[PDB]
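The structure described below contains lisuride.
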Amino acid sequence: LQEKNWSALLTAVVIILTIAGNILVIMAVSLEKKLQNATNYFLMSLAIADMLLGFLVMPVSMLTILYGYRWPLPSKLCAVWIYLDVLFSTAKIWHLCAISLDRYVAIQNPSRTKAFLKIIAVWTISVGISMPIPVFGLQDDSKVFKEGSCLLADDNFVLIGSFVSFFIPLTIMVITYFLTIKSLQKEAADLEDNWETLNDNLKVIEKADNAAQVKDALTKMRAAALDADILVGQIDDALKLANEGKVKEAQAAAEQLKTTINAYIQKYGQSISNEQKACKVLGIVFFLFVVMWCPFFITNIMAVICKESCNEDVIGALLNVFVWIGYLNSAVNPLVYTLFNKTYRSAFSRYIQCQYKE
Ligand SMILES: CCCCCCCC/C=C\CCCCCCCC(=O)OC[C@H](O)CO
Ligand SMILES: CCN(CC)C(=O)N[C@H]1C=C2c3cccc4[nH]cc(c34)C[C@H]2N(C)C1
Ligand SMILES: [Mg+2]
């Protein structure tokens with residue numbers, strides 16, 4: 001005991017910011033009805049994972065730092081504590097991958113129960129991924145102990161576990177994020193194309209002298225609206241006048257079509273800027289998970305590669321540092337939501353003032 005007493009002051013700060021911030025997230029998705037969507041339902045499940053990592057794993061870790069990385073508890077709790085840490089971390093990364101995938105599929109498409117079934121699937125996948133760690137590690141203390149330190153000692157568990165709980169969900173998540181960004185760039189682009197078509201043909205109709213010019217322009221306007229409804233019917237109403245030779249009537253109907261076009265373009269176009277706003281916040285969450293966990297997972301693989309060549313006491317001392325940089329990620333998602341989403345910031349501000357009604 002008290003082999004390192006300076007380090008555990010800092011780790012208590014990281015434990016408290018984790019518990020309290022993620023309690024504010026869980027409260028905001030439970031209570032604030034502007035946050036009742038499928039992405040925020042996933043962000044709450046991530047927050048429970050971050051909270052249970054802060055309650056269950058992180059105090060036991062600080063306890064080991066206070067005992068000189070020398071396991072202070074009953075010995076069959078070591079494999080359980082490895083299992084909790086690996087379960088919450090597997091759940092977190094496949095949540096971010098499910099968010100990224102479900103939001104990409106939403107931009108190639110037109111219930112809380114449907115979100116909640118998916119969350120349960122991610123958690124039940126994560127329990128089955130993490131399952132060999134107590135099943136094998138409780139039967140053999142050499143898979144979870146290294147010189148009285150509780151740490152995942154089995155090299156095949158580290159390699160299998162580094163890919164199926166960090167690198168293959170990351171790969172799917174970074175591909176789906178890029179494709180999502182490209183889809184939004186295609187949808188902001190196709191809209192601008194439809195705007196130019198509609199605006200150009202309205203100017204054609206306003207200068208038109210013959211029915212044929214008006215009819216052709218309205219046919220091209222109808223197609224643009226169909227590519228992007230009330231507008232289509234209004235265009236068809238102008239088309240019948242144009243087919244009837246009522247040029248002046250069709251021209252007056254077209255100046256009225258303009259107000260409807262402005263409303264629809266700005267709405268579908270407000271909702272493209274909002275999806276790019278939302279994608280940008282999830283990108284910071286995705287980025288901060290990877291960059292803060294990269295020094296732990298790269299070094300953990302390098303321990304297994306240069307097992308004998310490298311200084312196992314330096315590598316072991318760097319992993320003790322780098323696991324807490326990764327634990328610090330559990331404090332950061334609530335801060336990201338505060339900085340970039342008004343609804344979370346307002347929710348957090350009222351919950352701190354013990355005002356729980358909207
Ligand atoms: C097919 C029948 C074989 C049964 C007898 C085998 C005995 C060998 C020991 C362990 C196996 C581990 C199972 C690995 C299967 C995938 C587990 C996984 O996905 O990850 C492991 C875990 O995440 C770590 O971090
Ligand atoms: C139990 C706490 N201890 C002992 C000091 C740690 O070393 N914790 C780290 C272990 C991890 C690990 C190692 C190997 C394969 C893996 N697949 C998924 C993970 C993982 C999660 C990862 N967690 C987030 C940090
Ligand atoms: Mg033009």
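The residues of the chain are indexed from 1 along the displayed sequence. Start at 1 and go down the list; that is how both ligands and their atoms are numbered. Quick note: numbers below take in every heavy atom, side chains included, and nothing from hydrogens, waters or symmetry partners.
- Lab note - all copies counted, lisuride located at ligand 2.
- Measured by close contacts, the chief partner of lisuride is listed under UniProt as 5-hydroxytryptamine receptor 2A.
- The shortest N or O to N or O distance between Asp85 and lisuride is below 3.5 Å.
- Lisuride has no atom lying under 4.0 Å from any heavy atom of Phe88.
- Per the deposited entry, no covalent link of lisuride reaches a chain.
- My check of the UniProt serotonin-binding residues in chain A for heavy atoms under 4.0 Å from lisuride returns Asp85, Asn300.
- Per-residue contacts place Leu152 under 4.0 angstrom from the following atoms of lisuride (heavy atoms of the residue considered): 14 (C).
- The contact set between lisuride and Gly161, taken as ligand atoms under 4.0 Å from a residue heavy atom, comprises 15 (C), 16 (C), 17 (N), 18 (C).
- Contact annotation: for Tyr327 versus lisuride, heavy atoms closer than 4.0 Å belong to the side chain alone.
- In the structure, the transmembrane segments of chain A that UniProt numbers from the N terminus and that bring a heavy atom under 4.0 Å from lisuride are 3, 5, 6, 7.
- Looking at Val57, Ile65, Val86 and measuring to atom 19 (C) of lisuride, the nearest heavy atom belongs to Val86.
- The contact set between lisuride and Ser89, taken as ligand atoms under 4.0 Å from a residue heavy atom, comprises 21 (C), 24 (C).
- Of all atoms in lisuride, numbered sequentially from 1 with element shown, those under 4.0 Å from a heavy atom of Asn300 are 13 (C), 14 (C).
- With non-hydrogen distances under 4.0 Å, the site around lisuride consists of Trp81, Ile82, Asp85, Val86, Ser89, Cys150, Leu152, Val158, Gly161, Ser165, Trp293, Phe296, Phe297, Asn300, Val323, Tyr327.
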